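The block underneath contains the structure these notes are about, expressed in structure tokens.
Residue numbers run from 1 in the order of the sequence given. Header says: X-ray crystallography, 2.1 Å. The basis for the numbers below is simple: all heavy atoms, side chains too, and nothing from hydrogens, waters or symmetry mates. Atoms within a ligand are numbered from 1 in the order they appear, just like the ligands themselves.
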Amino acid sequence: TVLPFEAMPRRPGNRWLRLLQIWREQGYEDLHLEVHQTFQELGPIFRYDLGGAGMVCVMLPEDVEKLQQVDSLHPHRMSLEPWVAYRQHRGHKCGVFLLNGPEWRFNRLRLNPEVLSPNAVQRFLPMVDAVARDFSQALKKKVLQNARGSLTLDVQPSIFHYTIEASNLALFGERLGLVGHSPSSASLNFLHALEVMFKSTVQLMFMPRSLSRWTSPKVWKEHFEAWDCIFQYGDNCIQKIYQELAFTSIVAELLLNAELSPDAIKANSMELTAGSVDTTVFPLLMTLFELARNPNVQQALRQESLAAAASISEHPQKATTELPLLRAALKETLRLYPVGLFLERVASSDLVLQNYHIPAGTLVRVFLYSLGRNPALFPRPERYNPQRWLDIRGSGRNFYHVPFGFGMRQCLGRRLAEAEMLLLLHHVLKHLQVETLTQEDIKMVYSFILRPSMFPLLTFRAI
Ligand code: HEM
Ligand SMILES: N#Cc1ccc([C@@H]2CCCc3cncn32)cc1
């Protein structure tokens, strides 16, 4: 009863013209919408032919489960060519984000204890809480410096600085000063290189290195120069940490472990640094936006955080356990606005998705934008209702929330990202109320990650 792979519904359109249409623009900003529309038309599975190959698109938790069942010991995710190109050119190692096969697993097993283990989280969470406190106090100060105790501003830069500040402190044990009003020029240079590296990544990742090296030599120059600044900052930090180990951070533990070479430690530390760029910031912004649009949800989160403020202050780690509604609020935000638009696996072995045979080597992509909007799973999917997550009780409900991926290749920074998001929202919601003038949905664009095209100004008010 299993249908052949070739009988799978195909998305209409010309696979070759569409690829040229992508190169015409160095982007595919409406990917989430165009895929979402196709699901509505053809069902929960279809093939998207693009150029010489394509992708099988799915959106159901049961498909995620079947994908994790055929996860080999080395789950295969396509490497990001422009990033790999820089490593080979300069002679750097590739980290877990870019690696595949045995070398990935070798690196992964020697990183999990220092990045994901409960002991690791116990270590750096008080560090993140400190940075979150600085942000909230600085913001609360600006609000009260105002005439009416109310401030309207663009919070994306400051929140983005927070995520970089907190992550860099956990990774290298150094404060960049980005939450302060006057950071050093070195810190600003580093931050600019990160932004340029991400920008140039989008410009290059949609065509082969063979071609893009002709059509855009200056983009590659910007990309490698940005990476040079990043790896230069990483070399300095790792060297400094190493010297001081002969007389507290994630890299220090990795150096003490001595399981990975200094080059491998650096490679993974740069991909962890890159991992906090244009990721954690956006769920934070979209949560604030939705809390401004749903005052009752915001007030419920404030009562929760105010009730647990004392214990959290004594033990910051309690923010990850004693704030269940805030955790649900993050699930609801990521349900509607997943950072990673899709999860990607190259089928290591044959499998069956939606009664269709999937040959080994097929590129399968789970589109979370469509997964989270399935009404049969999230009734009234357009509604921002964090309470739904305390009530879900399906047998396979652990696959309803996979914004960080699944299996052994799941986001290595998940615990760090969750800590950063929870601690910031907790400390902000304690003393401040967020409001928005516009109540309409804002547009998202797919540019490597899913982000708002133009996040609006928000108004903060003291209680
Ligand atoms: C809301 C925030 C974030 C989301 C939604 C997110 C999402 C993801 C997803 C979907 C993957 C692919 C997992 C898979 O293929 O199964 C991934 C991988 C990864 N993420 Fe994140 N990420 C976030 C933040 C971060 C942060 C802050 C860091 C580092 C400080 C980070 C580091 C990594 C790394 C190193 C990998 C590669 C893991 C591997 O391939 O073994 N991420 N992330
Ligand atoms: N598949 C996939 C996939 C898509 C985007 C991302 C993003 C972007 C690159 C670095 C990063 C760290 N954490 C999340 N990300 C990660 C994975």
Name in UniProt of chain in most contact with ligand 2: Cytochrome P450 11B1, mitochondrial
I'd love to know the name of the drug at ligand 2. fadrozole
Within 4.0 Å (heavy atoms only), which residues surround fadrozole? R77, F97, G275, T279, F342, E344, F448, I449
Can you tell me which residue and heavy atom of the protein come closest to atom 14 (C) of fadrozole, and the distance to 0.1 Å? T279 CG2, 3.6 Å
Suppose we measure from atom 2 (C) of fadrozole to each protein heavy atom; which comes out shortest, and what is that distance? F342 O, 3.8 Å
Return the residue, atom name and 0.1 Å-rounded distance of the protein heavy atom closest to atom 12 (C) of fadrozole. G275 CA, 3.3 Å
Which fadrozole atoms are under 4.0 Å away from a heavy-atom of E344? 1 (N)
Okay, next: other ligands or ions under 4.0 Å from fadrozole? ligand 1 (protoporphyrin IX containing FE)
Provide, to 0.1 Å, the distance between atom 8 (C) of fadrozole and the closest protein heavy atom, together with that atom's residue and name. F448 CZ, 3.5 Å
Which heavy atom of the protein is the closest neighbour of atom 11 (C) of fadrozole, given with residue, atom name and distance? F97 CE1, 3.7 Å
UniProt heme binders in chain A under 4.0 Å from fadrozole, heavy atoms: none
Under 4.0 Å from a heavy atom of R77: give me the atoms of fadrozole that qualify, with their elements. 1 (N)
Any atoms of fadrozole less than 4.0 Å from a non-hydrogen atom of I449? List them with their elements. 7 (C), 8 (C)
